[PDB]
Participant: 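Below is a deposited model of D-alanyl-D-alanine carboxypeptidase with benzylpenicillin (bound form) as ligand.
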Amino acid sequence: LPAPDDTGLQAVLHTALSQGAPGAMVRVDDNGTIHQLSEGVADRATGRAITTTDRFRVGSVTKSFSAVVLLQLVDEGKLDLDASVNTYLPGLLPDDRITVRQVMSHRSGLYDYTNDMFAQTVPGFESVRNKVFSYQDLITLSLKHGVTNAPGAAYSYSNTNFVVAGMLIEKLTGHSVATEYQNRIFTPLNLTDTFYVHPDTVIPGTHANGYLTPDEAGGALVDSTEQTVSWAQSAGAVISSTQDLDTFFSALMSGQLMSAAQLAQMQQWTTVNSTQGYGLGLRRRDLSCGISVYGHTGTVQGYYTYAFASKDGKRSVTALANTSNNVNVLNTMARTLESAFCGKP
Ligand SMILES: *C(=O)[C@@H](NC(=O)Cc1ccccc1)[C@@H]1N[C@@H](C(=O)O)C(C)(C)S1
């Protein structure tokens, strides 16, 4: 690979601050040489600077952790990707033909309940932040809507799919998702900054605060740091660090977390758009210099995350800006992948 471009990374972060991120940071693990940059503040009221060791909410990057657990259950013979979800969770879904593979690749047609919750950004955050939901509650919210397409027929990202994922983990293992994440991922990889504490609202240890941008342009930012994330759970509630997400996606892509057969299933790409695919709880992004990278993005209130690795896991990058509902910042932060993998233009 090209050399990571730290000047380019620095410009990305500075642009993200100019667009409304209080803080922005990135860590590259380049085959044993680290690159780490940060600009701005973890806490905008106190002025405490953001740093690449600050913990944060990774949002939908959680889906990759859920997918790893499920694919280990497939290795163990406890789950068949092409069986019906209702085989394992009887009566859950209105269509017996919706399969586990369809759920994990967002081809199930299940409606995303979060479109109900966040029609207004800050009011929706205020409605869910201190709520505790069961998995079934969230499924029932989805099922109030008809499915949006036939099973398997169309890619349509839906948090509901990884609420089903959590339910399947807990039913088939008899344990909580937190226990399964810990035993199958966090402990074996020594991810000392990585937690699943739902429904606790505290982020353990030193952390970046999250700042939710309101829908009204120019409006005051809302501190969204402390919330249950119960509206997402196995779709969105992991806490981590740039170092730990780098370790996780390098371990995944280098074949440490499941059989080769199941990693191949995880990497069967459904088209998202002309430069992106979706596997099983895994995104592919195709970069301008003809390199593809693998991992996931996250948006949870006040945090935008990108966490991606090369095909062989030897280079990994995690970038975080502590705002959300700011599409300029979201778009800017994607450029860290270009600078880190494609290098100087
Ligand atoms: C994961 O991060 C998910 N985030 C949300 O459900 C929160 C949300 C975001 C925007 C508006 C309303 C609610 C989904 N995953 C990300 C991702 O994969 O990058 C999406 C942006 C697709 S939402």
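Chain A is numbered as in the PDB entry; the shown residues are, in order, 3-347. Just the heavy atoms: all of them, side chains too, but no hydrogens, waters or symmetry mates, feed the values below. As the structure lists them, so they are numbered: ligands from 1, and atoms in each ligand from 1. Header says: X-ray crystallography, 1.1 Å.
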Participant: Which residues, given by chain and number, touch benzylpenicillin (bound form) within 4.0 Å on a heavy-atom basis?
Facilitator: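 By heavy-atom distance, that gives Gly61, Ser62, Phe120, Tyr159, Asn161, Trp233, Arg285, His298, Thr299, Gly300, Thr301.
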Participant: Identify which UniProt-listed substrate-binding residues in chain A lie under 4.0 Å from benzylpenicillin (bound form) by heavy-atom distance.
Facilitator: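 UniProt annotation plus heavy-atom distance gives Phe120, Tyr159, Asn161, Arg285, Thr299, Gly300, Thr301.
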Participant: What atoms of benzylpenicillin (bound form) come closer than 4.0 angstrom to any heavy atom of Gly300?
Facilitator: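 The list of qualifying atoms is 2 (O).
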Participant: Within a distance under 4.0 Å of any heavy atom of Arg285, pick out the atoms of benzylpenicillin (bound form) and give their elements.
Facilitator: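 Result: 17 (C), 18 (O), 19 (O), 22 (C).
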Participant: Which residue supplies the protein heavy atom nearest to atom 16 (C) of benzylpenicillin (bound form), what is that atom called, and how far is it?
Facilitator: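 Its nearest protein heavy-atom neighbour is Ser62 OG, 3.9 Å.
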Participant: Indicate the covalent partner of benzylpenicillin (bound form) (residue plus atom), or none if absent.
Facilitator: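 Covalent bond target: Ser62 OG.
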Participant: Does an N or O from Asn161, backbone or side chain, lie closer than 3.5 Å to an N or O of benzylpenicillin (bound form)?
Facilitator: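 It does: an N or O of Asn161 is found under 3.5 Å from an N or O of benzylpenicillin (bound form).
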Participant: Would you look at chain A and tell me which UniProt active-site residue is nearest benzylpenicillin (bound form)? The heavy-atom distance to 1 Å is enough.
Facilitator: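 Going by UniProt and heavy atoms, that would be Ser62, 1 Å.
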Participant: Tabulated below should be the N or O atoms of benzylpenicillin (bound form) paired with protein N or O atoms at under 3.5 Å; can you produce that?
Facilitator:
residue: benzylpenicillin (bound form); atom: 2 (O); partner: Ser62; partner atom: N; Å: 2.8
residue: benzylpenicillin (bound form); atom: 2 (O); partner: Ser62; partner atom: OG; Å: 2.3
residue: benzylpenicillin (bound form); atom: 2 (O); partner: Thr301; partner atom: N; Å: 2.8
residue: benzylpenicillin (bound form); atom: 2 (O); partner: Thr301; partner atom: O; Å: 3.0
residue: benzylpenicillin (bound form); atom: 4 (N); partner: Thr301; partner atom: O; Å: 2.9
residue: benzylpenicillin (bound form); atom: 6 (O); partner: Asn161; partner atom: ND2; Å: 2.8
residue: benzylpenicillin (bound form); atom: 15 (N); partner: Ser62; partner atom: OG; Å: 2.7
residue: benzylpenicillin (bound form); atom: 15 (N); partner: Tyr159; partner atom: OH; Å: 3.1
residue: benzylpenicillin (bound form); atom: 18 (O); partner: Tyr159; partner atom: OH; Å: 3.4
residue: benzylpenicillin (bound form); atom: 18 (O); partner: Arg285; partner atom: NE; Å: 3.3
residue: benzylpenicillin (bound form); atom: 18 (O); partner: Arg285; partner atom: NH2; Å: 2.6
residue: benzylpenicillin (bound form); atom: 18 (O); partner: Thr299; partner atom: OG1; Å: 3.1
residue: benzylpenicillin (bound form); atom: 19 (O); partner: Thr299; partner atom: OG1; Å: 2.4

